[PDB]
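Record below includes BMS-777607.
Position 1 is the first residue of the sequence, and the numbers go up from there. Just so you know, ligand 1 is whichever comes first in the structure, and atom 1 is the first atom listed for that ligand.
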Amino acid sequence: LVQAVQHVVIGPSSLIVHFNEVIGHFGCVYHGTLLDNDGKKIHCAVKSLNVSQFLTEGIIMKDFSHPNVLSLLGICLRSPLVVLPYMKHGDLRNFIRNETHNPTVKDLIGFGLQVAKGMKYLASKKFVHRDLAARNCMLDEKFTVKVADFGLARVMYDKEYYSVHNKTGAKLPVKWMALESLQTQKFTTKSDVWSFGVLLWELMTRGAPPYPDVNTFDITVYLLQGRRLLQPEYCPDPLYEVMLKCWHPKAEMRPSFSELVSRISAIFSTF
Ligand SMILES: CCOc1ccn(-c2ccc(F)cc2)c(=O)c1C(=O)Nc1ccc(Oc2ccnc(N)c2Cl)c(F)c1
């Protein structure tokens, strides 16, 4: 493990944490400066963790290289610190909810296509996300969407959406979970497809909360009855058909991420 983690570990002398520049219970995010031995100084975001599994997550994230997936600059051991490239426009949900922003109907479909591309890359590597949602996607200075996971850093802020299992300790985002995951607590690439369907609905409503009139406990019965999220006012009919296929009760009937990239590219560029 020590030899395997060598390329991910950053020395404490190489990282400058700007503690008086907070970005945002389980950890704080601050502005930072990373001192690169072979290039220019890097502006970063540093997340503090208030151990063996953590370093293996570091090795997996360091192997990611795709314009639609958040990369890892490294990990600093001394509380442990996670070093990420800085994302100028924060999370995707807060960006589209901002009343001073004017994304077009095509721009919103475009953000959906970017997520599908990042997920197609992850699924080809057999990586299961388990928490795909607009709040976990980042936006850089060039408006490029980066698929990521805050982990436990926003569970208290997003307390309305998260359940924590009393036995396994698992993070459970009930209103983004596939029917079979709510019944078995098992996650697959096909249950990530269901979550992507919910993410598309969030984009086309500019960040509205899903099922606002349905109790947490009533979600399983609501879904077994065959009921689903309603078509947003400015969501095109072919894009709603895509959402409905992502929510099929049989995991095997749901489209692959390759089929999603193809259908959304058609919707995005065709009239
Ligand atoms: C090493 C363990 O951590 C992981 C592990 C896996 N993945 C992961 C999981 C699935 C994927 F597909 C890809 C990556 C992660 O995303 C993280 C993580 O820590 N992400 C994280 C994200 C945003 C943060 O906040 C920022 C950052 C930059 N700019 C601004 N403005 C803000 Cl607010 C932040 F601090 C930390």
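Most-contacted chain for BMS-777607 (ligand 1) in this structure, per the PDB entry: Hepatocyte growth factor receptor. Lab note: most residues of chain A in contact with BMS-777607 (ligand 1) fall in UniProt domain Protein kinase. Polar contact check, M87 against BMS-777607 (ligand 1): a nitrogen or oxygen pair lies under 3.5 Å apart. The residue among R130, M119, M61 with a heavy atom at the shortest distance from atom 14 (C) of BMS-777607 (ligand 1) is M61. Between atom 35 (F) of BMS-777607 (ligand 1) and the options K47, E57, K146, the minimum heavy-atom separation is to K47. The organism that the entry gives for chain A is Homo sapiens. Covalent bond for BMS-777607 (ligand 1) in this entry: none. Relative to BMS-777607 (ligand 1), the closest UniProt active-site residue in chain A and its heavy-atom distance to 1 Å are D131, 8 Å. Under a 4.0 Å heavy-atom criterion, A153 is not in contact with BMS-777607 (ligand 1). Using a 4.0 Å heavy-atom cut-off, the binding site of BMS-777607 (ligand 1) is formed by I23, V29, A45, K47, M61, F64, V69, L70, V82, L84, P85, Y86, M87, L122, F127, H129, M138, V147, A148, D149, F150.
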